Amino acid sequence: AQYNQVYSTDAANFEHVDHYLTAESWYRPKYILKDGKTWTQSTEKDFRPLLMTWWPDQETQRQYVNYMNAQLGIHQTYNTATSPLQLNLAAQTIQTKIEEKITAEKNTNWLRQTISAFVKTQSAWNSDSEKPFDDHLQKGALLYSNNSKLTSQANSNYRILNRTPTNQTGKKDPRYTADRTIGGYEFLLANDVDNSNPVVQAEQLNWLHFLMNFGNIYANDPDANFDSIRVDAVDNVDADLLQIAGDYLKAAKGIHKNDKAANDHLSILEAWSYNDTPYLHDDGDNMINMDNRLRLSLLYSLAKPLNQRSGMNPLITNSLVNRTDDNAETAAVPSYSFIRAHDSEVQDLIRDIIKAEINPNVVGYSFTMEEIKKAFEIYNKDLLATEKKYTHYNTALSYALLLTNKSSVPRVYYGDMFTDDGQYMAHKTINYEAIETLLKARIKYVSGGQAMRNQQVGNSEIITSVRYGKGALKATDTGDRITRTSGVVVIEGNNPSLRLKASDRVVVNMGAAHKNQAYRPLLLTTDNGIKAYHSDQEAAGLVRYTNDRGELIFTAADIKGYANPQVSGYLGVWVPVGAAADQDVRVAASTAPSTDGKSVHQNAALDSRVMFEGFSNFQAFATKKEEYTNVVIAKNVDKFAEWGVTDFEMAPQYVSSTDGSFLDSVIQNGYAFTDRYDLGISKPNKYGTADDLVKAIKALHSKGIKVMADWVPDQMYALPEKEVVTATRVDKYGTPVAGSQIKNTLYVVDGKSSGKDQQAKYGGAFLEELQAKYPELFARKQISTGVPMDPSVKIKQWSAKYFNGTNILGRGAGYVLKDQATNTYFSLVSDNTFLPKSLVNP
Ligand SMILES: C[C@H]1O[C@H](O[C@H]2[C@H](O)[C@@H](O)[C@@H](O[C@H]3[C@H](O)[C@@H](O)[C@@H](O)O[C@@H]3CO)O[C@@H]2CO)[C@H](O)[C@@H](O)[C@@H]1N[C@H]1C=C(CO)[C@@H](O)[C@H](O)[C@H]1O
Ligand SMILES: [Ca+2]
């Protein structure tokens, strides 16, 4: 009894969290039974575990001896039958052995840990009370109560959930109907930042500005800023952030004034809902979104297994732009196109491989480093197979359309040019040649109106895609010298068993500027792969002519199906003969004032851009300075120039967390981070040091290339400090989970930043300069909240009050200790102290 009770009931006497007690709390007893022999006065050194002497119920005080009788080598145990009395000596017997084992161990860490192991063995302290799980990527979420007396420092007047672009107002937008859902959901991974909180919005703005001024702020070098941003996980945050970020580009960079200004800071969303493009358009085209339909069309018409491949027509018409005849000087809506990304169609395929040939139950993308490399042997091998079982077919065919299509900024994926695993740019993919050739031809030849045709021939079908040449929007436009020596034609089949009859002819119209002209191949499919023609010269043997009307004509002699590691179907591309070594048909954005109330315009100048996604989730880690990506990037700034890369999308530069709780923090891509401002500052990030970063931004700028910052306002990982919140189990939309036990109940989260990281340094730091120069950003009443941002407080330290909630942590429904008689939390706040009866009054 007595000695065991609490030395005194001050906060100082307990390891508590927000003045609550957890099943893992140690405390300071009055005396310690020194070496279970005699009873000293507790000095401030003398902290013992609570469970050593108190138990939530008797039933738990039971497993506790049993389990602890194991450890210390006592060789008794009791079943459910036993009297209280015995359980109570068993435990004192257990305590002596704990001192005698603390003296002889000269510490008490060995116990820190037999305790923990045991807490873990118990339901209410363990995932079991967290079920049932749901389809959240990490199995479940906890939503934090807005109003709890128990945890008032964690209250909030916001935590408005699910305000995606479609649902920004708390009701599905009537305007946009292609996606009939509400267009996203709130909880994605880790600690969900509540971007419906006006103070937080302000802070995202702070952060945005900082990124965009990185050079000035961090290196004092105006030449090292990020030019643009990518908004990550749009469909999982409050869309207010879109007017916020849009407002900022307009106020600080003037993108709304003319295209030249707009294109120098060209920014994108990652927004998957079909509703997000029209949404963004009506919002003023202040950044551009992906073309989701065209991506899907390429995926299914070209990349999928031969038996799951669809017809080719969708390559022409399932897109934001119908490319049957695209003759518009400016497209109705701007966008970027891609076939693969760092996540889309990469990490999927790896998960496919694990699930299929390594771990059957693997969850979401919570892979191990193990599984991954195991997976990559299968994958790299399939990459070279003609019959692919996991990886894409026809990569070159997809890039041929992406790089010649009109009315979209094509984004090339690093991993389609270099190996998805492996040191930065160390190994070229089998497609690097064709892609590079296209990239280079694009600069020289791709310009003008477009026509695409789908023709049924032989036993299958082909499509033709043609670009008329610089400054001919129409088939009848005749243009000038340069028109004559520009344009291109791509011909594609998606069926290895394509056969033309002898009489069959694919008659392509190349445009008025092209009568009676010699053309030569650029790429041709061959039995083993695809053959690239780097100049007129190199292709002298294979010239062919257009006729009187500017038509190229093709025959069984040219077109037939193939099956090799590169092509499953048919690819042919032709270009006019006689273009100057240095011919360049791209075109510069004009400074003429914009008058349509949009910022970005999909015109010839925007089509002149190419975006490069310059990383891979699955890159090797650098073994040495020379291998750091940002080091390598600076050194190869010329290749990108040579490819026509105008916008370099860098990976997120935040220093990665390493808890391993998701793929992101296993391979450290930079989407999982604890410090928003720590861009390789406190230690190198996967890609190099903050200085290596600066130099790579500088290198790219030296070529005039723009550099994009991945803005990640959705979540944060691995917060160092604990906090107690009032929590509820919820699925990804924030709906309470049926039959869960965690319902408005205290939970200990990892919800606090260190108060002394970069965040502490820069949080809210420029709010003041921002309100001074751009007062209108702070005038706007944000849509979901009805009110402006609130810069009146700075976020110096993240804490649960700025979050919506968190992924379950496996701590349990009863981790915060409760008197079961009264059903009350124990509390150590000094006016209101409430302690386990035995410990205070024995
Ligand atoms: C990875 C990505 O996930 C989140 O987006 C999800 C979409 O909301 C879901 O729709 C589904 O997207 C699918 C499309 O609806 C469907 O058309 C089909 O094409 O497949 C699409 C993807 O398979 O799945 C997506 C994820 O389940 C989220 O909005 C986005 O942030 C996520 N990407 C970023 C997230 C992080 C961390 O923030 C990193 O892992 C990624 O690399 C980021 O790019
Ligand atoms: Ca969110």
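Note that chain A is numbered according to the PDB entry, with residues 246-1087 shown in order. Start at 1 and go down the list; that is how both ligands and their atoms are numbered. The analysis underlying the following values was restricted to heavy atoms, covering all of them including side chains, and did not include hydrogens, waters or symmetry mates.
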Enquirer: Select the option from acarbose, azithromycin, netupitant, Taxotere that matches the molecule at ligand 1.
Expert: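 That would be acarbose.
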Enquirer: Find the chain with the greatest contact count to acarbose and give its name in the PDB entry.
Expert: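 Main partner, per contacts: Glucosyltransferase-SI.
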Enquirer: Which residues lie closer than 4.0 Å to acarbose by heavy-atom distance?
Expert: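 Heavy-atom neighbours of acarbose: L433, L434, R475, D477, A478, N481, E515, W517, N537, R540, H587, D588, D909, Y916, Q960.
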Enquirer: According to the PDB, which organism is the source of chain A?
Expert: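 Going by the PDB entry, Streptococcus mutans.
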